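For reference, the structure is listed below as structure tokens.
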Amino acid sequence: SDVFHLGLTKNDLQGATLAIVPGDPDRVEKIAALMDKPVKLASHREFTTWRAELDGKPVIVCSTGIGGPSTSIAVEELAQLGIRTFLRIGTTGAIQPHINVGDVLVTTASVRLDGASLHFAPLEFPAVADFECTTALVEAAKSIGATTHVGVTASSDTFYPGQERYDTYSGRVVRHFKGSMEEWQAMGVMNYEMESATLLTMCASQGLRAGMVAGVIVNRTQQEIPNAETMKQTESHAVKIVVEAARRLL
Amino acid sequence: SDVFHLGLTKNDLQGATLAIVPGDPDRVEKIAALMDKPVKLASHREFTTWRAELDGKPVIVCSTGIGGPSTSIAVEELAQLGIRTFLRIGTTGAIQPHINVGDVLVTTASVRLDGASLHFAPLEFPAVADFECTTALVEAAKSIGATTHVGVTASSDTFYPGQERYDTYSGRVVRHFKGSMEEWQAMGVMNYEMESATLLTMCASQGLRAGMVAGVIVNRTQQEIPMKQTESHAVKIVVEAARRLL
Amino acid sequence: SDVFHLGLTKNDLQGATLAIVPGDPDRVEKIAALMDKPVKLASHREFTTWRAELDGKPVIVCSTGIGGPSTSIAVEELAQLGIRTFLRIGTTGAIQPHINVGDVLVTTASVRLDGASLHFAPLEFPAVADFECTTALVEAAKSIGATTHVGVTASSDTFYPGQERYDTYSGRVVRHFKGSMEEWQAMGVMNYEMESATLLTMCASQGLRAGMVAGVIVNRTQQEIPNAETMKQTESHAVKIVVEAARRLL
Amino acid sequence: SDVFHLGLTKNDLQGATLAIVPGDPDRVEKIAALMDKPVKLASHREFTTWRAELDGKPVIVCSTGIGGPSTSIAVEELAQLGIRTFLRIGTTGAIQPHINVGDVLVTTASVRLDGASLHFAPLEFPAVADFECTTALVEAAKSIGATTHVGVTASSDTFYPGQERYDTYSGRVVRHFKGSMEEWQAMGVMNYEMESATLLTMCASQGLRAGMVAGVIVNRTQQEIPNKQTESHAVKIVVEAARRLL
Amino acid sequence: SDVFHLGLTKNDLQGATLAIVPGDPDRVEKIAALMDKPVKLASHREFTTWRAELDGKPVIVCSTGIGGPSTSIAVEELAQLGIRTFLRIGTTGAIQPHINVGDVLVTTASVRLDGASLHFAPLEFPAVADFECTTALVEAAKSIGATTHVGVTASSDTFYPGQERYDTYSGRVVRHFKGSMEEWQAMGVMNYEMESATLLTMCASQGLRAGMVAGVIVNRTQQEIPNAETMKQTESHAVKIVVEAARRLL
Amino acid sequence: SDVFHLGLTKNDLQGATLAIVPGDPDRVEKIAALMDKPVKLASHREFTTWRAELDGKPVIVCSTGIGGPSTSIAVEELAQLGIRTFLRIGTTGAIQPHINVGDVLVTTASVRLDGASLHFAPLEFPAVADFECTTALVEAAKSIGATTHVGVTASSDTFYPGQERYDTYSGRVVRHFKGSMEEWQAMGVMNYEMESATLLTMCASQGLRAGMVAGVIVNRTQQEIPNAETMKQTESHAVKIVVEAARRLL
Ligand SMILES: O=P(O)(O)O[C@H]1O[C@H](CO)[C@@H](O)[C@H]1O
Ligand SMILES: O=P(O)(O)O[C@H]1O[C@H](CO)[C@@H](O)[C@H]1O
Ligand SMILES: O=P(O)(O)O[C@H]1O[C@H](CO)[C@@H](O)[C@H]1O
Ligand SMILES: O=P(O)(O)O[C@H]1O[C@H](CO)[C@@H](O)[C@H]1O
Ligand SMILES: O=P(O)(O)O[C@H]1O[C@H](CO)[C@@H](O)[C@H]1O
Ligand SMILES: O=c1[nH]cc(F)c(=O)[nH]1
Ligand SMILES: O=c1[nH]cc(F)c(=O)[nH]1
Ligand SMILES: O=c1[nH]cc(F)c(=O)[nH]1
Ligand SMILES: O=c1[nH]cc(F)c(=O)[nH]1
Ligand SMILES: O=c1[nH]cc(F)c(=O)[nH]1
Ligand SMILES: [K+]
Ligand SMILES: [K+]
Ligand SMILES: [K+]
């Protein structure tokens with residue numbers, strides 16, 4: 001291994017400069033499966049890496065796990081190995097009433113409710129996605145059919161209190177986040193997830209290209225916790241779109 | 001008049017929903033003169049407004065003056081009048097050595113070195129431009145063949161200390177902004193200007209579309225204080241972008 | 001031209017060291033007319049500069065525009081040309097029920113709800129007026145018999161949300177400023193305006209003298225948008241005070 | 001499944017109230033095997049959970065993953081299922097010259113260089129460990145004869161910039177963290193790791209007991225470098241401490 | 001005299017490395033008298049210093065006054081004189097319904113609602129007690145059979161608004177501290193006092209050992225102001241404990 | 001006693017609405033003795049209270065102790081008892097080269113390097129002195145011939161790291177305050193002391209009048225620790241001025 005965590009050498013990448021980066025290690029194989037010559041490279045902790053081939057060019061799929069910290073490790077080490085473009089494919093909860101479960105969201109920029117982004121740039125720096133990556137995701141979504149929404153996303157270091165969930169061990173939310181969901185809602189924010197603030201800030205401040213798309217598995221104006229019955233369908237929908245977007249970015 | 005500062009009514013807009021917003025009130029006539037049936041509506045303080053027509057649809061050009069505060073007045077009061085799309089056209093000084101005088105900068109999002117943005121959303125909220133607006137500015141720049149950089153802009157409430165200029169009365173820069181140009185340079189920030197953090201934040205947080213394009217008049221890796229076929233180029237672009245957004 | 005925005009030279013000033021700084025460019029001519037030999041020097045963007053004479057000594061009257069940012073440009077560039085004393089004359093919205101339209105308010109120090117002041121001193125530094133300038137403004141007011149209040153002012157980068165106005169496009173106010181008017185009120189803050197925190201802070205932190213006076217055109221305990229027909233007898237009452245204070249400061 | 005991420009029922013736990021929480025899911029089975037009747041319960045993402053038995057009583061072993069975010073999910077969902085004591089076990093790298101490889105660090109409290117802790121309490125709230133848990137860990141380490149340090153740990157949301165590592169892609173560290181390691185060293189901070197600020201804050205602010213213990217495998221200040229013995233040393237200590245807290 | 005505020009020389013200490021540091025200067029003689037060979041060393045301002053002997057070893061008792069600022073002076077200057085272990089014994093207000101007046105509260109760490117702690121470490125640093133000092137306090141309390149609680153303490157730069165007292169001249173609390181007692185209560189915070197955040201932060205940030213014990217004189221779940229007649233005996237309970245803990249740390 | 005800490009009743013004050021508030025309890029008798037009919041009222045902790053008479057009116061002299069916290073207690077409890085005007089008299093280290101030992105400094109406003117002021121108003125609020133108290137202190141200084149400076153004061157919760165002293169047990173200053181003295185000095189700040197940020201902030205946000213004056217006992221461009229062999233010459237100069245200012249404010 002050339003890096004401390006991922007268990008990868010520059011040779012393993014075979015000249016790849018683009019990585020699809022899902023949160024879930026089990027999703028890595030599914031994403032590689034839509035491409036050619038899918039091959040497992042390594043798996044340590046929450047970091048599972050495959051390589052595949054897209055229009056004859058080598059591409060990396062590598063899981064981040066949940067959160068900015070492990071995301072920050074995966075992105076840094078991939079970048080040491082030569083990755084310059086990063087596409088997160090995730091799952092998300094919508095907070096707007098018109099955004100349905102199954103919809104696909106493309107994040108232009110993120111509300112930074114994380115700590116890791118601050119380790120790369122002060123809060124005033126925008127967690128903004130790369131224009132070409134964002135353009136690639138929107139055009140990709142259009143071409144495969146999805147009902148898509150394009151906008152700002154709130155990116156939180158927690159699943160529970162930072163996304164104002166109250167059905168929890170304690171039933172309470174710290175003052176800073178009490179009433180917060182309603183305010184992001186009034187501000188047109190589309191959804192919550194957990195990694196994009198870190199990804200987007202660390203790439204935009206180090207000359208790396210990054211994009212972000214997620215599939216809606218729950219609407220927070222209905223429920224706190226996602227239903228299981230439609231999660232899998234939504235996941236494959238977003239995965240199809242990220243793979244197609246990668247294709248226009250080679 | 002239906003608004004406190006601009007001196008305009010809903011009627012005066014004639015159904016306009018898009019406004020091009022330069023900083024200099026003296027630039028407003030020049031921009032409107034590129035469009036059809038240009039007409040001065042009003043000027044009070046730093047806010048000079050003209051109406052024109054672009055492809056037979058009414059369009060507003062209205063100056064913001066320098067800074068987030070006057071900008072925030074103009075955007076709010078235009079929004080009360082029916083404006084939903086704001087395209088800023090500016091001048092700017094680049095901080096990256098590969099960016100030449102002449103060049104055009106389309107801003108995707110801004111470093112919020114301002115105060116007014118915080119009156120709409122806390123610092124964590126991104127001062128991000130609307131995607132259709134940015135797309136339309138990039139495509140308009142490609143249409144007239146300007147060399148274009150797309151990225152992040154540092155938006156400062158001062159011309160001097162916030163942009164780390166030392167050639168001043170006091171000659172010093174407060175600790176917070178000491179070494180700051182260097183940091184933004186290494187983070188790939190393209191340029192300094194003074195209104196986009198306010199504009200983009202207030203619009204992104206209230207359902208209004210905004211975009212920013214500027215022409216480069218100086219590179220800070222040479223000089224501190226600022227071939228004018230370039231302000232011309234940027235005005236041509238913002239107009240062409242407005243056409244695609246109507 | 002010796003400076004980048006104002007369009008002025010050191011010679012234009014004729015050795016002036018005091019400038020009266022209104023916000024509105026269309027007020028500059030009016031203030032210069034209470035003085036001797038008023039002449040227009042320059043007019044660029046929102047910066048109209050005239051020069052007049054007071055007890056035989058040259059004096060600048062120069063508009064700042066709305067906001068700390070354009071105010072910071074005017075004060076700095078005037079300071080490069082030799083101005084050491086700055087007297088702001090403004091209009092303002094009072095937030096105390098005992099302060100009436102027509103009253104004159106002299107500002108001892110300002111609540112820093114602006115961005116530009118931070119570019120000169122950290123938040124903890126007091127946006128405090130120079131003691132001599134305040135003295136001269138208070139004594140000028142007393143000498144023309146104006147009903148005067150002396151205290152703290154809240155200085156906001158916005159006209160609308162930062163002064164907790166709700167009669168707006170969005171109808172709402174960000175968490176940080178919700179309930180804020182009532183807090184400032186209970187703390188004895190006299191009024192809202194938009195430039196004093198920047199002026200006073202940048203002056204007090206750089207060896208320059210500054211003072212602030214303003215006429216009350218509305219009272220926010222009954223109205224948001226000022227009445228149209230009390231912005232004439234008030235504007236001129238406050239202008240006379242700042243011209244008379246200028247005399248006592250030369 | 002009673003909880004969304006971990007894939008566990010209350011019944012899976014069999015009345016367990018104590019969880020040993022390593023970071024690496026691949027270490028869960030090993031720590032479980034050191035006790036009686038080890039049984040796998042689930043595995044999803046980075047959360048691998050085994051149940052085991054310690055002096056006749058049911059005990060949980062569950063990985064958090066790297067970082068406060070995933071840690072906060074594991075802890076919350078385990079708490080819903082009835083866990084009231086969490087003992088963090090890991091390996092780490094010291095930043096003091098007097099701390100040697102093979103030594104054990106018990107953490108009284110952490111410097112909060114993370115984001116998740118703030119979601120449970122404002123920054124002024126101390127990321128302190130529970131006194132009973134900390135005592136059990138110290139007594140456990142003494143009883144097997146480890147060379148031990150008891151003190152403050154800095155808990156970072158990054159492995160790289162937050163621990164002032166410069167051997168990176170960019171090779172630079174953001175202003176805020178520049179000079180930070182030297183400050184923490186002068187302040188007596190023993191080490192860096194990435195989960196304890198979130199674990200200790202969220203537990204101490206919700207009436208749950210938490211402690212942490214770690215083996216030192218590496219030292220930043222030291223040269224030359226060594227090198228499994230230290231991993232199994234700290235694990236024996238956490239297991240013996242769990243024993244005292246049942 | 002070797003230090004500017006306390007009026008002491010190293011020689012006055014006679015090799016002492018441990019000080020008991022109460023808040024009130026009138027309490028110092030009381031604490032010294034429980035030990036052997038009690039001798040007054042000095043008294044300037046709020047700093048009264050006595051020396052005594054404990055199991056044959058010299059020991060300092062020195063008052064801090066109220067507040068982190070003067071606490072930081074006494075601790076810094078006693079440290080220059082060779083003190084390495086500080087044990088604060090104080091009075092305190094419980095905010096939990098199970099805690100009684102007369103009870104002994106041992107602080108593991110404090111919520112830093114103070115200013116002086118920041119002058120030694122940024123806010124993210126834990127105001128945590130030394131493990132040996134805390135251990136000695138707990139065991140000392142157990143040995144005399146005092147009813148004791150161990151946990152987190154809120155340490156406020158004020159007695160009134162920072163501890164959310166409304167029975168005051170103004171009768172109001174700044175928004176930052178409105179509803180704050182309730183949040184600390186829900187977070188399991190035992191109590192309020194005024195010096196521990198400063199003491200514990202400066203000591204832990206400089207390699208000095210510190211411990212914090214205090215007697216409860218009021219419960220804030222029922223009333224703001226402590227009663228008169230029962231304060232004298234609560235004092236005697238935590239004073240026995242802080243002296244006994246001192247014995248275990250020599 | 002009507003108040004918890006100070007040990008005073010309303011009747012002890014005899015209608016007094018003005019208090020002079022030194023930091024040092026031992027200085028209270030000194031100050032009262034310049035006036036008529038001085039009598040000790042009470043002494044508890046660092047709060048020593050005397051009452052005297054100035055041109056026929058009763059006046060209070062009451063020590064604050066060192067620091068914002070105890071200062072906040074004395075001002076609150078005196079305000080409950082009817083005090084509306086507070087004049088602090090203190091000692092101070094000058095940080096400008098032209099300001100000498102023996103000089104008198106009148107503070108117009110303070111840099112808030114304290115914690116207690118935040119418990120009354122957020123940081124943006126200016127710790128500004130009252131205009132009448134300041135005017136009276138400056139004119140009082142003029143009438144007795146003292147060499148006087150009027151300006152901003154840095155008000156710190158510590159004597160040592162917060163005023164950037166390095167001659168200490170640890171020998172380091174925390175990142176936040178490293179180089180800070182040179183920056184306050186460049187910003188025109190005259191001096192360091194420890195109570196005025198709290199006093200002035202808490203009074204200006206509650207409708208109480210406060211003034212601040214101090215004698216310079218050390219110059220920091222030369223020396224960290226004040227030299228005792230020039231301190232009692234300078235203390236009695238400033239005491240004279242505050243008593244004369246109080247006369248003008250009755
Ligand atoms: O499904 P993934 O990609 O993990 O995406 C999202 O969901 C996780 C939480 O359930 C977080 O990782 C979040 O950002
Ligand atoms: O030419 P405009 O649009 O004013 O743009 C830019 O230049 C001004 C300063 O010279 C600032 O207002 C800045 O943003
Ligand atoms: O009338 P001037 O002096 O601009 O003063 C005030 O009014 C303006 C808003 O109408 C702001 O500029 C405010 O501070
Ligand atoms: O009685 P002491 O030891 O001072 O302790 C406590 O009470 C004082 C206020 O009543 C503060 O000093 C507080 O911390
Ligand atoms: O001499 P006094 O009034 O205490 O004033 C000053 O000096 C003390 C420190 O020596 C602090 O109290 C400071 O502000
Ligand atoms: O972080 C999240 N991931 C997935 C979700 F459905 C959600 O609501 N939040
Ligand atoms: O804010 C700025 N505007 C215009 C410029 F040329 C510059 O450098 N900075
Ligand atoms: O900034 C302001 N200027 C003038 C006003 F009347 C007001 O309310 N606010
Ligand atoms: O600081 C405090 N000391 C003593 C008390 F009783 C209290 O409530 N607060
Ligand atoms: O707070 C202070 N008091 C007195 C001094 F001489 C000094 O420097 N600082
Ligand atoms: K302006
Ligand atoms: K993780
Ligand atoms: K004190």
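Numbered from 1 within each chain, the chains take letters A, B, ... in sequence-line order. This entry, so its header tells us, was determined using X-ray crystallography, 2.3 Å. Start at 1 and go down the list; that is how both ligands and their atoms are numbered. Because only heavy atoms are used, hydrogens play no part in the values below, and waters and symmetry mates are left out as well, while side chains stay in.
The name the PDB entry gives to the main binding partner of ligand 10 in this structure is Uridine phosphorylase.
Present at ligand 10 is the drug fluorouracil. With heavy atoms closer than 4.0 Å, the chains neighbouring fluorouracil (ligand 10) read F. Those atoms of fluorouracil (ligand 10) that come under 4.0 Å of a heavy atom in F:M194, given as number and element, are 1 (O). Summarising the contacts of atom 8 (O) of fluorouracil (ligand 10) with E:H5, F:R220, F:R165, the nearest heavy atom is found in F:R165. Looking at atom 7 (C) of fluorouracil (ligand 10), its nearest protein heavy atom turns out to be F:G93 N, 3.3 Å. Per the entry, the species of origin for chain F is Escherichia coli.
The atoms of fluorouracil (ligand 10) that sit less than 4.0 Å from any heavy atom of F:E193 are 1 (O). Atoms of fluorouracil (ligand 10) lying under 4.0 Å from any heavy atom of F:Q163, numbered from 1 in the order shown and given with element: 1 (O), 2 (C), 7 (C), 8 (O), 9 (N).
The F:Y192 neighbourhood of fluorouracil (ligand 10) comprises atoms 1 (O), 2 (C), 9 (N), with distances under 4.0 Å to a heavy atom of that residue. Numbered from 1 in the order shown, with element, the atoms of fluorouracil (ligand 10) that lie under 4.0 Å from a heavy atom of F:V218 read 6 (F), 8 (O). Shown in contact with F:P226 at under 4.0 Å from a heavy atom are these atoms of fluorouracil (ligand 10), numbered in order with element: 6 (F). Measured on heavy atoms with a 4.0 Å cut-off, the binding site of fluorouracil (ligand 10) is F:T91, F:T92, F:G93, F:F159, F:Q163, F:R165, F:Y192, F:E193, F:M194, F:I217, F:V218, F:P226.
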